Amino acid sequence: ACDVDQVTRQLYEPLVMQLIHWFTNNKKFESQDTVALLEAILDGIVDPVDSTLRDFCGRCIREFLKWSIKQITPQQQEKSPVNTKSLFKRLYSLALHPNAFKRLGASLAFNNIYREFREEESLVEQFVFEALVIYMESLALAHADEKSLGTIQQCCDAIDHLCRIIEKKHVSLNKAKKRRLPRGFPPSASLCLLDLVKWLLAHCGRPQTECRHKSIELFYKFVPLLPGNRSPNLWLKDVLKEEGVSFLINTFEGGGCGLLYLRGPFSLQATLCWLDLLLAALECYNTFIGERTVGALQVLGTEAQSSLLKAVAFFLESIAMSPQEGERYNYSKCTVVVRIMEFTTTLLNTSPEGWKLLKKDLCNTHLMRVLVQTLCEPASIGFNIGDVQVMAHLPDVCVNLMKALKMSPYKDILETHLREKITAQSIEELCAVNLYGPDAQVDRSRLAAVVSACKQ
Amino acid sequence: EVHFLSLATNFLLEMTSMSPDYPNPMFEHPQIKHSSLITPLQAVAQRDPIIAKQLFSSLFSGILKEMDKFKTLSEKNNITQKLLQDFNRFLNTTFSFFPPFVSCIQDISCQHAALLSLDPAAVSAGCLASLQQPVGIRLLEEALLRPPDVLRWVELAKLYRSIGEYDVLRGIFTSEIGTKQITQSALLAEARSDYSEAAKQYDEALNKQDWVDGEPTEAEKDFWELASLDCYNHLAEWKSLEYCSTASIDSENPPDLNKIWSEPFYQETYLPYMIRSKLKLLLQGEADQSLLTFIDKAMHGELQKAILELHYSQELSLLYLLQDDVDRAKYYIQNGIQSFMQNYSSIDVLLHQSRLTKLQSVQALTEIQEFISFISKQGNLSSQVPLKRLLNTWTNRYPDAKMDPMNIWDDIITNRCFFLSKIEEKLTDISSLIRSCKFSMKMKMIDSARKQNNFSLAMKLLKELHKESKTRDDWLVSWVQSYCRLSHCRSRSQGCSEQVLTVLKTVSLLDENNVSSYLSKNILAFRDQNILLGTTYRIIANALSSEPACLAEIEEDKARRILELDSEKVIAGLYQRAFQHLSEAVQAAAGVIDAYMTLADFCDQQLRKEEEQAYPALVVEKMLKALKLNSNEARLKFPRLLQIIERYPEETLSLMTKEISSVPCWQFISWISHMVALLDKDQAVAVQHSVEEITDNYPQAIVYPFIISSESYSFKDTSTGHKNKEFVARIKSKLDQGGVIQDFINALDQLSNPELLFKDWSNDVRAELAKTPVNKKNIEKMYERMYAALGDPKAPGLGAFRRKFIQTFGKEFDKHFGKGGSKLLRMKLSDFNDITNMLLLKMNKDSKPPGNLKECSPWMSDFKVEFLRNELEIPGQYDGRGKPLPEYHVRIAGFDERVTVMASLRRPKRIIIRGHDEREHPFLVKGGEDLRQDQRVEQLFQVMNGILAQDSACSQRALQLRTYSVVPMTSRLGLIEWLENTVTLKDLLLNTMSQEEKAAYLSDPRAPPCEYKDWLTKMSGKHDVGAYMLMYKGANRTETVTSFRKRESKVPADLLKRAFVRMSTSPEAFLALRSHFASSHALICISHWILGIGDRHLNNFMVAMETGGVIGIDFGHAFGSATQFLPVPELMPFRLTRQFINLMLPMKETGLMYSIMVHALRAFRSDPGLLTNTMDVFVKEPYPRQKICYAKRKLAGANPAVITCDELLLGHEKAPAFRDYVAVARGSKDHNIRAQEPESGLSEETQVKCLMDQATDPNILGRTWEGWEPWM
Ligand SMILES: COc1ccc([C@@H](O)c2cc(-c3ncnc4cc(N5CCOCC5)ccc34)c(F)cc2Cl)nn1
């Protein structure tokens, strides 16, 4: 059907469509022929390098969705093992799967069958609107496979497609109905939306990055959908005061915030997972305090005996002090040093009233030293020469941190510490008598780094 | 004829157009006309010749079926004979054999009985020219079903000889072209590669005169001539080869002319051998002006030139480079390159070993071309470094010994010798390295020839290399060493007297000026010469160890040698002088570990002689020094010498420990489960460091002994027991720390049905507390273990998780487990276990086996790896003989959400555990069953096929067992690596047959099952076991064989052949499937006899439904066990039943299911002892000694029937009708060769012949277990 040529494509596309039509009919219903066709079209939607086959297989699945509801009457839509209910269950099992090419298949299935199931109702409040969480977990499982495999792209696109219709459906149809229980939710008769955002709140600090993001944006689009139509600024203070202080701090701390065996770079993925959890806490705080949702001093400070500040201090004290896993560890530690810089930026530039909780441990030669070391020779802290987003984006987060730092008091260690590395004598002595010659590497690279730092 | 098929199909499908049957063939709703299926069919049926062939064939067949209505029988026969004459005209008249045309006529001639007697000679010649042999093979084998049927055999054998398949080729030069007795002898001499006496008694039996028992057929005279040609080709005496090529064609004076060109049989039979012998002789250096003139005069016309130019195309290149017209030799080598291209592209892909043979010539032809190109450079004759790196690459590139027959080595070495002689004469140091290159290359060829048992060619190569092997000291020691190791290797298949005679004479050639002044300079060469000296004396000594007198009875002047290096003190003299030579080798790659093995195996075999001078101390050092390198053979000697130190505990442990400490310890995983066994007993320190180092690099290997052996070992207050127990507990704490491996083990433990575990507990209590109420505190110490899973539903929840089986079982069995806790906790009687029986049957009725889904264990159902807490690493990696990489090993990543409870009594169930390799891996899990037997016999199969891959005879036949990874994670829980796309034999047998006959086989009193039961009951007296012993005194051979044939006649004969011809769609598919099945099953059967694998029901056999190869499974019986313990003995080495036989015919059962057995048995009784002592460690952990003795006997040469007698006498002392047992085991003395053969000293061939004539013996298959199904 989806062949390269026009003659054999425009032939055999109507073939497969017409067979989808006929095999979806009460005469061809409950037949091993039809289940064979469905199996074939699935293991075409979930396979390696034939992608032009995945596209057309998604089209075939949306045709299935059309004609299966178009044929099977509601008087018999209770014992069918091939109806849309079981189709969506098999899509879920295809999505919660360790294979980096079956989750992609369920992603494409949703992407093609969202144009339906959203123009249909009276049975759609239990299949998928409830199962946004399951495809969220699909984006969680996509944490490891490959950025360029297109699994995260399609998964984000379908969480997109699903939020853009759940937000509309459940703003008026928001009542204690017997909606089907999705995975991980507490067993209850009603799961309308309050526990949907309560689940989104259970982890905005899950270590897997893109699922965490999507959850955070799902709050920031869903919170103005309760009948109160309120906004997070007062809601987080309300829940923190009516549910205890420990709630909002702990549900962002993670699960494992509590050694020197990895003080030297090591790839033991226990360390990589602690780094991931630190990144999760960093991002969730940054995105909550940073906008007016909560105050910097509201959730930070010693009154609640927090844990972020301790581990971030330990970090900058012990970040920059097998052969190929070193680069992996370096990447995963640089992606979190950059995020703590962004955290300091969103901590200072948001309210210059809480810097007192930023104890002098980072205002010592721990924050500012990694600052200086990114500015000059960023490869010293493991920034691998050869990446794209990180290297081009570094002189942005570094400078924005400097500009958040200048206004605040801790511009003094700033000046007296930059001045120990970009003192004038360094620039003058770098510009020696001969800078044009065979000794390119050392002289030219040193000047390039110092000039780039000075331009920052 | 290219287009004849499309033409004919067009012509036939024209006349369908102007017929009124075009009424929309279905005219209903899902339509289409009745012509849009015919016109495009023919449109494509003239674009490709395969649809053309196949439409012509199906339409021919349809016409000849629909002519059965009209065309009365006489008219039928007239028409069919017209077709047959036309088809003979097709084959005889065709000019360029178009493979789809030839195959079309040649397989539509196969589907009709009248047309099946086509033309053996034309069939064969057209298959050979068309390179489509399997269609002809099917035709000839269906014509040879239902002299004409001796020239059919000649053509069949002619047509296999091009598809390799040499075993089934030799299987009819001994069963159809036969009936004399020198034929078998010479073919046997050819099979085991002794092509000296084989050709010798081809000549002397071709030169014979009278033989007053019958004149030899011409069909075997021409055979003998061809066989002598091929034999003389193997051991390449090209003198005799050209003489035999000219012998039977014309007179003794060589006239060579168009004599060969007439009567094409002369062409086919003599032209290859003729020019091979002549040109080879021209190549080694001679002129003889013999074949050159014939070739040159043949360079005219069409018939005399086209055949030789198109089908030799490389001998032409060599001859013309000899004539030094480089352009034409080039043209011919390139023409040979496209010749290989077109030939190889035309062998079917399923014709394995035809493409190997065609590919093996590419190396040689490329050598030819690259030399002619290298010599074309004018400056190449002035610069010497081009020669330097050409020699470097040519000594880097060799054919491989053990997988290239000696003709490829011959080709490469001779052609390279000619090339490099041309180079040397084209450039007058260089010539010193030239001579070195020739010498080393010929020595490499000798080594190859020697290590694949082509002894005589190696001897002749030493002889022709001896004249020039005197110029240098190293060349002297090289020649003497090569000849001496030749003698050692070739002195093994011989008789003991022959062995001692032939290895004694390589002693004077060893004490001459080769040990004079050269045992001082090259210490490694000195060590190799010492090894050869020591092994010479070893062979002589260990030879005369057989008998004290008759060995030193037939002897002569040589006896003074025996005297100088009574009659029982010479034993020790040879021993000790060999020991001195061997030790001086030892103090002086693998030469260090070659000395280590020679020393250690001398000591160990002399020990095993003595058990019926500290060798027990001596072996360990060299063993562990070699295990400090890589060695399967040195892997072994922990437990044997640890036992001989359990006898003598004072000496040589700390040296063992010191050497074991310093090694890369990745080499104990293959034996981990044997060394962790001894830690429960004394002297356990022998394996402490290396296990504690494995557990720090490859950390999972302790949980299996030390949750079972720990309570199976009683560690007292001994000064060393406490530290050993704290060592094992400390590794346990340092290995079992994550609670993840134990979590997987508990998930699988709960995956077992609660009913089976309760039944096991009931068996334990009924066998433990019922014998005598003296075993105290056992029930108290074991009840909590089963209560931790059974009883209250919350116990497994505390243990692993909330369990669905305990949810539907612990709740249902509440007031019974309450009673069990109240009374059975301290009852300690087991007097009245009817409560256990009723509880078990209640579990059978309302605790259904169909759990029906994996959700029953949520941890497995919701594994979903989320964090590193010691990820599982699915069990089955870590083979051994590699540096384990647990990062390339597949890690568990999820589970497939379905479980199928495959139906057995104990009922294991099979699970589809996922993996991160994006592939998938299914498994079986057995709960309550110990799997040390299966895992450990599979260890044995791995060592066996490691042996096999290293025997060249077995290797070229690609002889390997099929093994699956068995890994027990504890006693009462193992998993088994279930292979992909397989099926059991039972399902093929009952799925190929028809519904009527499956019904007749299942439900009918006359069926072999019902017939056998009624036979036993009606002429025995009773209905159950023990009737066989009552039978056997009134169950004479004749009546039993007649009844066996009666019952067998019911079940179809061609049934498994129907299976293979049913899933093939090609002749090549059928041919490859049947050959693969027969070969694999032959090695399955003989490897299962080397260590008695009983209980070979039809359901213990798996077979790929993608290759046809066979897999052995479910090794419950591992030694002679069904023949010694079971109430119904199994008096048969292996299943070779009726269907396996009737798979191959017209081929007889002694052509392919014989030669594979022979090569396998040869590879097995050519051992260091690997099988024997790995079996020693098989059985000697908690009469096993007589089991090992029987294995030694029936591996070192023995009669299968006396061995089965030994088994049965060990297991059936004073048993009823034991005389009849032994009489049916031993044979008849007039109908079974088994009986008519001696006790031992049987050769491989004779051993296996007796073995098969015991396996296919109707006197045992008539009386054996009813479920084994001896009729099918
Ligand atoms: C539809 O298939 C089949 C096949 C066999 C049977 C019964 O003989 C059968 C076989 C066992 C059994 N035992 C040990 N190892 C095995 C190893 C197996 N492997 C490993 C290699 O790859 C192929 C499968 C299979 C089965 C094994 C068993 F515990 C129960 C039964 Cl009832 N029933 N049905």
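Alphabetical chain letters, starting from A, follow the order of the sequence lines given. Following the PDB entry, chain A shows residues 973-1230, 1241-1303, 1323-1457, kept in their order. Just so it is clear, chain B uses the PDB entry numbers, and the residues here are 2551-2580, 2784-2899, 2917-3198, 3226-3362, 3369-3391, 3406-3429, 3440-4009, 4039-4128, in order. The deposited model was determined using electron microscopy, 3.3 Å. Atoms within a ligand are numbered from 1 in the order they appear, just like the ligands themselves. These values consider heavy atoms only, across backbone and side chains, with no hydrogens, waters or symmetry-generated copies. Only a slice of the deposited entry appears, and the contacts counted are all within that slice.
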Please tell me which drug sits at ligand 1.
-> nedisertib
Name in UniProt of chain in most contact with nedisertib (ligand 1) = DNA-dependent protein kinase catalytic subunit
Chain letters near nedisertib (ligand 1) (heavy atom < 4.0 Å) | B
Of all residues in chain B that touch nedisertib (ligand 1), most belong to which UniProt domain?
-> PI3K/PI4K catalytic
By chain and residue number, what forms the binding site of nedisertib (ligand 1) with heavy atoms closer than 4.0 Å?
-> B/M3729, B/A3730, B/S3731, B/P3735, B/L3751, B/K3753, B/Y3791, B/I3803, B/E3804, B/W3805, B/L3806, B/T3809, B/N3926, B/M3929, B/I3940, B/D3941
